[PDB]
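Caption: PDB structure containing paromomycin.
In the text below, chain A, chain B and the rest are named by the order of the sequence lines, each starting its count at 1. This depiction is restricted to one part of the PDB entry, and every contact reported falls within that part. All values below were derived from every heavy atom in this structure, side-chain atoms included, with hydrogens, water molecules and symmetry-related copies excluded. We count ligands from 1, going down the list as the structure has it; atoms in each ligand are counted the same way.
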Amino acid sequence: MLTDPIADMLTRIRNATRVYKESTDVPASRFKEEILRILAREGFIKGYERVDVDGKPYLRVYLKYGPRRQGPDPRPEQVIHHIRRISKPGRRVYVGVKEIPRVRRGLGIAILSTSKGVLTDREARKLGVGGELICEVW
Amino acid sequence: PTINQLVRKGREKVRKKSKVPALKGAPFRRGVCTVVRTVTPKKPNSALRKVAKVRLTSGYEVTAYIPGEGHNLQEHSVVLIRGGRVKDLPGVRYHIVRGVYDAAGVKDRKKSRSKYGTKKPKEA
RNA sequence: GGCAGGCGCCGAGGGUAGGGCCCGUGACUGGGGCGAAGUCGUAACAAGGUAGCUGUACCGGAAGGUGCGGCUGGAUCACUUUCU
RNA sequence: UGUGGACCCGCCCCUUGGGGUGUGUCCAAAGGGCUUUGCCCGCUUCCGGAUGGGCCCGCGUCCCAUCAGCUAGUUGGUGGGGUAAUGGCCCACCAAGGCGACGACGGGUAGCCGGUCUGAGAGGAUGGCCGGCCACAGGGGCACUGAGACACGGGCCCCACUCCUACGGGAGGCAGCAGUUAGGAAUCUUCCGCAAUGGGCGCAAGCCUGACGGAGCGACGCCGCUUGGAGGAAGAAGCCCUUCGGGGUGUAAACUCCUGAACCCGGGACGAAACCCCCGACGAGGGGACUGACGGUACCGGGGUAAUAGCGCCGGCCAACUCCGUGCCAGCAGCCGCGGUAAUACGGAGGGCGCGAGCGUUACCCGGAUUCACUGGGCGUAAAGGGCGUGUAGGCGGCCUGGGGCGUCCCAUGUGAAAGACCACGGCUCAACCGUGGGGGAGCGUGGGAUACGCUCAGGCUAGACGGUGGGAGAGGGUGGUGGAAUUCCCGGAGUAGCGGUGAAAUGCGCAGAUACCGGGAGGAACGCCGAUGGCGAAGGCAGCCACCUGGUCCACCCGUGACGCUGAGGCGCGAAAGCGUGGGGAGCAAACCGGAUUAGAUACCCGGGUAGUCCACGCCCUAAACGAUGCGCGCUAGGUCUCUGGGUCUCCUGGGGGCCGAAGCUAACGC
Ligand SMILES: NC[C@@H]1O[C@H](O[C@H]2[C@@H](O)[C@H](O[C@@H]3[C@@H](O)[C@H](N)C[C@H](N)[C@H]3O[C@H]3O[C@H](CO)[C@@H](O)[C@H](O)[C@H]3N)O[C@@H]2CO)[C@H](N)[C@@H](O)[C@@H]1O
Ligand SMILES: [Mg+2]
Ligand SMILES: [Mg+2]
Ligand SMILES: [Mg+2]
Ligand SMILES: [Mg+2]
Ligand SMILES: [Mg+2]
Ligand SMILES: [Mg+2]
Ligand SMILES: [Mg+2]
Ligand SMILES: [Mg+2]
Ligand SMILES: [Mg+2]
Ligand SMILES: [Mg+2]
Ligand SMILES: [Mg+2]
Ligand SMILES: [Mg+2]
Ligand SMILES: [Mg+2]
Ligand SMILES: [Mg+2]
Ligand SMILES: [Mg+2]
Ligand SMILES: [Mg+2]
Ligand SMILES: [Mg+2]
Ligand SMILES: [Mg+2]
Ligand SMILES: [Mg+2]
Ligand SMILES: [Mg+2]
Ligand SMILES: [Mg+2]
Ligand SMILES: [Mg+2]
Ligand SMILES: [Mg+2]
Ligand SMILES: [Mg+2]
Ligand SMILES: [Mg+2]
Ligand SMILES: [Mg+2]
Ligand SMILES: [Mg+2]
Ligand SMILES: [Mg+2]
Ligand SMILES: [Mg+2]
Ligand SMILES: [Mg+2]
Ligand SMILES: [Mg+2]
Ligand SMILES: [Mg+2]
Ligand SMILES: [Mg+2]
Ligand SMILES: [Mg+2]
Ligand SMILES: [Mg+2]
Ligand SMILES: [Mg+2]
Ligand SMILES: [Mg+2]
Ligand SMILES: [Mg+2]
Ligand SMILES: [Mg+2]
Ligand SMILES: [Mg+2]
Ligand SMILES: [Mg+2]
Ligand SMILES: [Mg+2]
Ligand SMILES: [Mg+2]
Ligand SMILES: [Mg+2]
Ligand SMILES: [Mg+2]
Ligand SMILES: [Mg+2]
Ligand SMILES: [Mg+2]
Ligand SMILES: [Mg+2]
Ligand SMILES: [Mg+2]
Ligand SMILES: [Mg+2]
Ligand SMILES: [Mg+2]
Ligand SMILES: [Mg+2]
Ligand SMILES: [Mg+2]
Ligand SMILES: [Mg+2]
Ligand SMILES: [Mg+2]
Ligand SMILES: [Mg+2]
Ligand SMILES: [Mg+2]
Ligand SMILES: [Mg+2]
Ligand SMILES: [Mg+2]
Ligand SMILES: [Mg+2]
Ligand SMILES: [Mg+2]
Ligand SMILES: [Mg+2]
Ligand SMILES: [Mg+2]
Ligand SMILES: [Mg+2]
Ligand SMILES: [Mg+2]
Ligand SMILES: [Mg+2]
Ligand SMILES: [Mg+2]
Ligand SMILES: [Mg+2]
Ligand SMILES: [Mg+2]
Ligand SMILES: [Mg+2]
Ligand SMILES: [Mg+2]
Ligand SMILES: [Mg+2]
Ligand SMILES: [Mg+2]
Ligand SMILES: [Mg+2]
Ligand SMILES: [Mg+2]
Ligand SMILES: [Mg+2]
Ligand SMILES: [Mg+2]
Ligand SMILES: [Mg+2]
Ligand SMILES: [Mg+2]
Ligand SMILES: [Mg+2]
Ligand SMILES: [Mg+2]
Ligand SMILES: [Mg+2]
Ligand SMILES: [Mg+2]
Ligand SMILES: [Mg+2]
Ligand SMILES: [Mg+2]
Ligand SMILES: [Mg+2]
Ligand SMILES: [Mg+2]
Ligand SMILES: [Mg+2]
Ligand SMILES: [Mg+2]
C-alpha cells in the first residue's frame, strides 16, 4: 500500500523524465487525474490518457523534453526541472489566499486543492481562494 | 527526525557555560591575595609567570593573573579581578585589574596605559 | 430582648515519637585533569617483530598476558634484535 | 405616611435566580444656610445610566521523568451554613469517586503583560524606564469598621529584632520623599514650589498633597556644540629614518589677516485663566480682579578673548612599518600564535591607522551558528540504527459513490486601550525630545458561504493484506534413538631403549618394560569426505544418520474474504562467549596455577603438566566488532553475468533467493 499516492505520481514522473522516457503509467484516481490536467495546461507534460495495464486502470502520462544539445552530453533540457510535494500526510500544509507561494518569480506553478477545485497559484489568486498546497513544479 | 517525532519530543535549546564564575554575573569582583606565586607556562612556551591565589567576595578561591612589567602584590593584598584566559597557564581564567586597590599601575609606561592603569605622564 | 461573662469548635504557633528531602563541615580514603627536558619498561602504529580490536574471566610493577567466543577496522608464496 | 421595595405561597409570560401579577406580612427620611414663602446645600425610597469591581469558563504561559504514580473534602449527591453572588467555600449524612504518559504528583526557577534587544525571516533572549493587571508592607494568623480592606503611614494575637522601664509594664516597623548605615564592581539632594496638572474635604473663601511641577548631583545614555577660519617654504628648529645623496613629521608650526566659545553689559519671556467677583437668572453669554517654584533662567540686543584632546590600535583575521632595547628572559596574546641575538607580535621611540569628550576593558543577550535544522542538518567508514522479534497506545493509510462540514478555505463583523514600532505634516534655531494625523497588525468571538484535500458516517470495489487447492528446497527449532573415525584410559599379545618435545633444549614419560605394532574393552566429546563459490533462520545462530513432534518460506491456479493495512513509545519474549546456582559428567583441551626454557629482566610469547571451565539437565545472567558497523514497510528508476530454488510453450520466457560488473543518479571521498 502506497502511503502517499500523489507523491508516488509526482515521483514516477520525476524518475521517468530523468531518464527521458516516452511516457509512464501511474495508477488511476480522479485526484491524480485532476492534477495532470493542470500539468498539461501549463505545458509540463504533453498529455495524459486513461490506458489500462492488465485489468486495472492507469494514467499513461506522456512526457515532454527540450531539443538535443551540442557539447559533451547532448541529453535535452527537462521541461519539468523540479516537481516536489509540499503537503505530505502527517504534515499537511494549508495556505490562505494571502500566502499562496510565488514560485520562481512565476516561471513555475504551485498546485493547490481548494473548495473550488484543483487550481494553480494564479488560478486560486483570481478566484480568491486558498487550500492545501499540494506541490510546486518549475 | 519525523515531524511526528519532533512533535513528541522536540528540539532542545542549548546552554551557556560561563568561562568565568565571577558569580553575581558581575564585571569585577574584589578579593584578597593569599599567595603571590610564579608559574611555569606550557606547550611551547617557557618563562616565569605572575599569578595570585585570590579569595573573592563571592566566596571563591580562584587563581588570577598579574599583568604587567612587574607587580607589588603580597600575601594580604586586596585586589580587584576581571576575567581573561591566560592561554599558557592552564586554569588561570581571570586577570587582576592593574591600578585598583593594592596593585599599582605599571611604572614608567607610555604606550597602552589604560590597561595597566598608569596615569598620563606630565609635561610642560 | 440586648450587653458583660461562660463553655465549645475551628485555629497561628509550640511540644513529643517516627519518617523523607536540601545545604554547610568533616578525620580518613577513591580515582580524575593539567603542568619543555625525573623513573621503569616498550603495549599500539609497518606482518610494531606473539596480526589487532573486542565481550567476558582469571592473573601481573607497569603498559599488559592468557583462556573462550566474536569481528576485519589483518600483512604476505616462508621467523624471534630494547631505546633515541 | 407606602410613590415604591423586600419575603412566603399561587397564577402568567420568560427560561436556571429574567419580567409581570394577587392576597398576607415587612421596610422610609435630617437637618443646615441664606441678598428668607424661595431658593441654595443636604436627607429618604425606587427605576434607569455612567464608572469601578466579584465570580465562572475556552485557549495560551519555563526547566527536571535521575519526580510515575497521585488524591480522602478527596470526587460527586441531598440537606444546611456562608456570601453581594456561584461553588466541597464550610458543615452533617450518603455514594465510591476524581486526576495521570496529551506528564498527574513532586522538585527547581520565576511576578505576567503591552513591550525591549537581536534576527532576512521563522526564531532566540528579555520583562529594566513608561502603561495595564497581580501580589506584598518586619515574619505568621485574624477579624472589625465600611460602597469598598482583611486595610503600608487602622485594630487584635503569636514570633524575631531594636528602644524606654520605677520589674509590673510599655513603644517601633521608610518596599512613601530626602537621608544614614551595611553589603557590593556599582547606583543621586536630608533641594525649591504648590505657579501649573491631578487628588481629598469644603456652599465658597480655602486647607491638605515628598502625587506632582522643577532644580541638584553622576560623560550613565542619546542628540546638539567648541578647542578656530583663510593665507603661509622647495619646506624653520627639535625629534626620527638613511644607501650620507637624502627622506619624514609638514601647511603642521611660526607669522599675516579675519571671525569671536568663554566672559561683561542692558531688555527679558511662554507655561495663566479659570475658581472668585459684577451684569444677565446662581443657566448661555459678556465684563473685571488675583496668582510663576522654575528664574533675571530660556530667547533678544550691545560689548568681546584664538580660546580643553584624549584613548585604542599597527604579524594574520583587521584599516596602519621603521629604528633602538631585551635574548624561551622580561613580557604579549580574542583565536591562530610571538620571544632561543639581525623581533613590523615583547618595552620605548619616530611614523601610521581608527574613533574622538571620549576611547578602551570586563560582564551579559541575540547575531554570524542551516552549530537543536518548522523555515533549515544528520546516522555504511566523520557523533549517531535499538542485539533480534512479537506486539499495546499512538502516528500514518488503495480505488468509486453519497451524507455531514470537524480540519481547511472565503466574505462580513466585533475585539486587538495608551505608549512604543511604521509614514506624513508640525513645536523647540536643528536634532535628541515632543504634538497632531494616517497606516498596518498575529490571535480569538459572532453571522453567512465553499467542499478539492484531510476527518466522519453510510454503501460499493479488488490492484494492498489474509485465506483455499496443488506442488517444492532447506545445517530453521525440540525429543528420542543410533553409526563410524580419532584421542585418552584399562586388559591381553608380541617387542627393547628410548619416546617425547624445540630454533636449540630442558622439565616430562620409559627396565614397575614406555614409544612403535596387533587383538579386546570403557568412556567423554566432536561430526572427515559430500562442503561452498551453497542452503536455513527475525537476530543470536544452525552441519554424522533415523524417526517423531513443530516454525518460517517459495511457486502454480486466479477459488474464498473485502483495506482486514504499515510502523510501533512502553510491555512481553528470544538472545555467541564468558560468567553464576543445584545436580551430574569429565576423553581431548585448557584462564588461574606448577614446572622447563628464552631473555638484560620474562609475572610473556616456546615446552611439559594442570584446576575452574569447555559437556548434559534445570534455573540465572542480557553482553559483544550482537557488523552489511547500513531500522522496518511500499512504490519508482538501463543492462550484463554467475549461482541456489520453483513454474510454463523449456534454443528461451516467468517467479523467489544469493554474488559480481555496471545506466542514470547519489557520495567528502571510498564507494553505493
Ligand atoms: N595528561 C596526561 C594523562 O595522564 C597520564 O600521563 C601523566 C603521567 O603519566 C606523565 O608523566 C610523564 C612521563 O611519562 C615522562 N616519561 C616524563 C615526563 N617528565 C612526565 O610528564 C609530566 O611531568 C613533568 C614534570 O615531572 C611535567 O613537566 C609534564 O608537564 C608532565 N606531563 O605526565 C602526565 C601528567 O601530565 C596518562 N598516562 C596519560 O594517558 C594521559 O594523557
Ligand atoms: Mg599590547
Ligand atoms: Mg460571648
Ligand atoms: Mg611493541
Ligand atoms: Mg596490525
Ligand atoms: Mg587481580
Ligand atoms: Mg587492555
Ligand atoms: Mg598468565
Ligand atoms: Mg582469540
Ligand atoms: Mg571507529
Ligand atoms: Mg405597597
Ligand atoms: Mg421559571
Ligand atoms: Mg416573582
Ligand atoms: Mg405580592
Ligand atoms: Mg414603620
Ligand atoms: Mg429650611
Ligand atoms: Mg456596570
Ligand atoms: Mg464523605
Ligand atoms: Mg452542597
Ligand atoms: Mg482509587
Ligand atoms: Mg521571585
Ligand atoms: Mg538564523
Ligand atoms: Mg515593571
Ligand atoms: Mg524590611
Ligand atoms: Mg512607612
Ligand atoms: Mg520613624
Ligand atoms: Mg563596601
Ligand atoms: Mg496644587
Ligand atoms: Mg488643584
Ligand atoms: Mg591653518
Ligand atoms: Mg577683532
Ligand atoms: Mg558680533
Ligand atoms: Mg487658587
Ligand atoms: Mg446677579
Ligand atoms: Mg466669563
Ligand atoms: Mg591658534
Ligand atoms: Mg593591513
Ligand atoms: Mg631580562
Ligand atoms: Mg572577549
Ligand atoms: Mg633587535
Ligand atoms: Mg631571530
Ligand atoms: Mg614593534
Ligand atoms: Mg598584534
Ligand atoms: Mg539558529
Ligand atoms: Mg551535521
Ligand atoms: Mg561511528
Ligand atoms: Mg541491526
Ligand atoms: Mg550496537
Ligand atoms: Mg495500531
Ligand atoms: Mg484516503
Ligand atoms: Mg485514520
Ligand atoms: Mg462529501
Ligand atoms: Mg468547518
Ligand atoms: Mg496601541
Ligand atoms: Mg521590531
Ligand atoms: Mg521642525
Ligand atoms: Mg474571525
Ligand atoms: Mg462561522
Ligand atoms: Mg455537499
Ligand atoms: Mg467501506
Ligand atoms: Mg499447499
Ligand atoms: Mg535441520
Ligand atoms: Mg600392554
Ligand atoms: Mg627418570
Ligand atoms: Mg630389569
Ligand atoms: Mg599410546
Ligand atoms: Mg588399542
Ligand atoms: Mg572415565
Ligand atoms: Mg540471510
Ligand atoms: Mg554470524
Ligand atoms: Mg512446514
Ligand atoms: Mg478471485
Ligand atoms: Mg464480493
Ligand atoms: Mg512489527
Ligand atoms: Mg545468553
Ligand atoms: Mg555458555
Ligand atoms: Mg556451571
Ligand atoms: Mg559443577
Ligand atoms: Mg565432580
Ligand atoms: Mg601450556
Ligand atoms: Mg595438556
Ligand atoms: Mg542453560
Ligand atoms: Mg537487551
Ligand atoms: Mg525501496
Ligand atoms: Mg528443469
Ligand atoms: Mg536476483
Ligand atoms: Mg545467506
Ligand atoms: Mg556515473
Ligand atoms: Mg546522504
Ligand atoms: Mg565517483
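- Tracing paromomycin through the model gives ligand 1.
- Short version: main partner of paromomycin (ligand 1), named per the PDB entry, is 16S rRNA.
- Other chains in heavy-atom range of paromomycin (ligand 1) (under 4.0 Å): C.
- Heavy atoms within 4.0 Å of paromomycin (ligand 1) belong to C34(C), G35(C), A36(C), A37(C), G38(C), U39(C).
- Per the entry, the organism of origin for RNA chain C is Thermus thermophilus.
- Other ligands and ions with an atom less than 4.0 Å from paromomycin (ligand 1), by number and name: none.
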